[PDB]
Protein chains: 4
Amino acid sequence: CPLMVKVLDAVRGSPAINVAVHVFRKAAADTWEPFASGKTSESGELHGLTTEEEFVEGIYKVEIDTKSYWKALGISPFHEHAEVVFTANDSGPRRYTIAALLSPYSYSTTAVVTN
Amino acid sequence: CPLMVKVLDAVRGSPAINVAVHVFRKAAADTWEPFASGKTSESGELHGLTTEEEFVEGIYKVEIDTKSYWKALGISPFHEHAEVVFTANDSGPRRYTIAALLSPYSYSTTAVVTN
Amino acid sequence: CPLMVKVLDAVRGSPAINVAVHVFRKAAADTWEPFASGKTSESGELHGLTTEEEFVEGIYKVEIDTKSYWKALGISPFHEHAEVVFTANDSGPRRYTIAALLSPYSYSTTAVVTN
Amino acid sequence: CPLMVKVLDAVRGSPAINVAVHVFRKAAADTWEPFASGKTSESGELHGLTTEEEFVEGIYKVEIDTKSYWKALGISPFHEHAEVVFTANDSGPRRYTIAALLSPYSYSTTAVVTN
Ligand SMILES: O=C(O)c1ccc2nc(-c3cc(Cl)cc(Cl)c3)oc2c1
Ligand SMILES: O=C(O)c1ccc2nc(-c3cc(Cl)cc(Cl)c3)oc2c1
């Protein structure tokens, strides 16, 4: 599990459940190719997006669909989504956790990178 | 204005208005002595807390009454208040802005220290 | 000034100065069209991006060049940039401030929308 | 495990290891009584602070010793510590995770409360 995404809700004080997440990888023709996608679990975690074989060096974009999350809770939020863009595996394979903390008009994100 | 406090609301996407803020200075007998206080303005700012002459080096605590702010909005909060504890150090001319971003179950704070 | 961007540095406790910021507007053919850009000031603010006449309703993307900012400080960063994507909605007179707080492996952003 | 504390480092992109944490509980004579303490593990988590029997209703303060954490890494930070103050178990037992994300001049905290 080299890429995991964890999403928390700062209004409710809970994991953000059923949040859609799309991962893209930058291609040779300077375009965002689809790479993996999933939804967060009851623990607000999304596991199994990729494998050590598939997750090669590259520039990745993790798009967290915060707007649909807030709209499903009957709230009109500010952002369309939260995007996290980074170079991965540049000095060999690493394990990445991308965490996001959400509020209707704000979000924070951090990365935990382990070898 | 050597010390200013700015408070933002992450739920409404606005300044946090009429928030009570209490500042204390640590005294030699390990006790917190009231130093300054006020309510944030319509811009979520609290100016005029102290003067350069009164704001000496030492340990200060800024306590933001977040619970009353959320209750006045009819929103259920987690924290009793938000406390920011720091040391004021004289090292050339310095202005301290303590900023806080509030959500019901979370808060963030940063210091903007400038000449 | 209907759109302002403010960027803070969580490592140095200061405004993030001379940060490049690019704003784009979403066009009918699902593409991002350049809209406005600039570099943050000594106060970490970028004023004068647009005018009330040019800033129509629509989806906007604010891309903050965080990687170049950290490299100029000799600090190793994680993100390629920070992107803030939102919808501008006309509902009475509104000013949008997009604020971001930067750290090498994390960032937070909030919207301050006022009359 | 009704009370857990998780601490992340936003500069390194890692768990914040060996962070001291002290928990206090407000007493009848309006004083902060010591309740539990520990240090975060290699995963930046602190488990086993208390038991469901001991963790009764009350106002608790979780003090995270961020200053000693940054000083042990050879960095001079802004805050003395990060304090999280909240009422616990007011409507019966709950499980609380207090998470904190640290930078030298800033911190964020959130709570995950589950039944
Ligand atoms: O000094 C001012 O005028 C000023 C303005 C905007 C500001 N936005 C913040 C802020 C933003 C985020 Cl995303 C997280 C945190 Cl902790 C703080 O602090 C500000 C200070
Ligand atoms: O409980 C866990 O396992 C777990 C994991 C990753 C986590 N990242 C956060 C986090 C992120 C931001 Cl951007 C701000 C703050 Cl305050 C916290 O909390 C986590 C908790």
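First the proteins, then the strands, lettered A, B, ... as listed; each starts at 1. Just so you know, these numbers use all the heavy atoms, side chains as well, and skip hydrogens, waters and symmetry mates. Just follow the structure's listing: the first ligand is 1, and inside any ligand the first atom is 1.
For ligand 1, the correct pick from huperzine A, tafamidis, pentostatin is tafamidis. For tafamidis (ligand 1), the chief contact partner in this model is given in UniProt as Transthyretin. Other chains whose heavy atoms approach tafamidis (ligand 1) within less than 4.0 Å: B, C. Near tafamidis (ligand 1), within 4.0 Å on a heavy-atom basis, the structure shows B/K6, B/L8, B/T97, B/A99, B/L101, B/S108, B/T109, B/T110, C/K6, C/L8, C/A99, C/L101, C/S108, C/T109, C/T110.
The closest protein non-hydrogen atom to atom 3 (O) of tafamidis (ligand 1) is B/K6 CD, 3.7 Å. Heavy-atom distances show that, of the L-thyroxine-binding residues UniProt gives for chain C, the following lie under 4.0 Å from tafamidis (ligand 1): C/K6, C/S108. If you check which protein heavy atom lies closest to atom 1 (O) of tafamidis (ligand 1), you get B/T97 CG2, 3.9 Å. Among all non-hydrogen protein atoms, the one lying nearest atom 12 (C) of tafamidis (ligand 1) is C/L101 CB, 3.9 Å. Scanning the protein for heavy atoms near atom 7 (C) of tafamidis (ligand 1), the closest one is B/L8 CD1, 4.0 Å. In this structure, the protein non-hydrogen atom closest to atom 17 (C) of tafamidis (ligand 1) is B/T110 CG2, 3.9 Å. On the PDB entry, the origin listed for chain C is Homo sapiens.
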